[PDB]
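Entry featuring norethindrone.
Residue numbering in chain A adheres to the PDB entry, whereby the residues present occupy positions 682-705, 708-860, 862-932 in order. For ligands, and for the atoms within them, numbers begin at 1 and follow the listed sequence.
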Amino acid sequence: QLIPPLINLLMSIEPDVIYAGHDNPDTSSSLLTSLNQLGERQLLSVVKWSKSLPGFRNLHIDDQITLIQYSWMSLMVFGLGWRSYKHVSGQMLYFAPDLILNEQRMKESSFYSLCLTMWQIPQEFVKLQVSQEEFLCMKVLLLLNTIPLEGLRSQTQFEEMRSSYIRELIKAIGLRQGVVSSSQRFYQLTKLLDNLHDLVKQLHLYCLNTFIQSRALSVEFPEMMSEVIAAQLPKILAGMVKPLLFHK
Ligand SMILES: C#C[C@]1(O)CC[C@H]2[C@@H]3CCC4=CC(=O)CC[C@@H]4[C@H]3CC[C@@]21C
């Protein structure tokens, strides 16, 4: 009625809750393994989600693959941010119902520092009071927020898709937001998206370091996650992609 049909569809295709399969006393290595196992399960969920996301299946299959490989980390941390905001008021990192971390569980300095970086998202969600409708449109824009330096095969269709979801984000903002306030809120949400490129860079570096050192660290990386990391992370970290920005 009052909620636009595409937003209602986005709510209906959200994945169901995903467990890490964590058994909970962790070591640094067991915790990292558990996080990678959860990552493997979420990656599957992302791909299934993509198959139902209006517009995405109409891009060339190579372009679909490329976009999933470029955005998976961003989608994972954005979803972590939503779940932390919804379930624990942004005050713990709710990776899964069986893997919720508070400060006590963040021993190693490097991992704590990474968690402080991830924590900026749920903090911003709390501050701006992001709604489920906003979040769902923002999440699609994230899937569509980086492309190859030479563009996609389906560039035209891609651009149309991105425009449609930007229009839908404006509808989402209009559900609660005035013409000026609604403009200012658009700015605020699209700047959050721009700022995620820098944030995810830290997560990409940490993951690739952990992956290269995995045998030494006694950390296991499952096959699907290992493939996305080997297929694109070094290239992404090297800057050999084109991040899309809403502001400059
Ligand atoms: C620890 C670690 C890392 O190597 C760096 C960021 C991490 C991720 C952060 C975002 C994330 C959120 C999830 O809810 C599933 C699990 C992943 C993470 C899996 C492990 C990663 C890739």
Which chain forms the largest contact interface with norethindrone (ligand 1) when counted as heavy-atom pairs under 4.5 Å, and how does UniProt name it? Progesterone receptor
Please identify which atoms of norethindrone (ligand 1) are closer than 4.0 Å to at least one heavy atom of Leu715. 1 (C)
Heavy-atom contacts with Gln725 under 4.0 Å: which atoms of norethindrone (ligand 1) show up? List them by number with element. 13 (C), 14 (O), 15 (C)
Look up the UniProt domain of chain A with the most contacting residues for norethindrone (ligand 1). NR LBD
What about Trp755: any of its N or O atoms under 3.5 Å from an N or O on norethindrone (ligand 1)? no
Interfacing atoms of norethindrone (ligand 1) (cut-off 4.0 Å, heavy-atom, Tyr890): 1 (C), 2 (C), 4 (O), 5 (C)
Does an N or O anywhere in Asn719 fall below 3.5 Å from an N or O of norethindrone (ligand 1)? no
Mind checking the PDB entry for the source organism of chain A? Homo sapiens
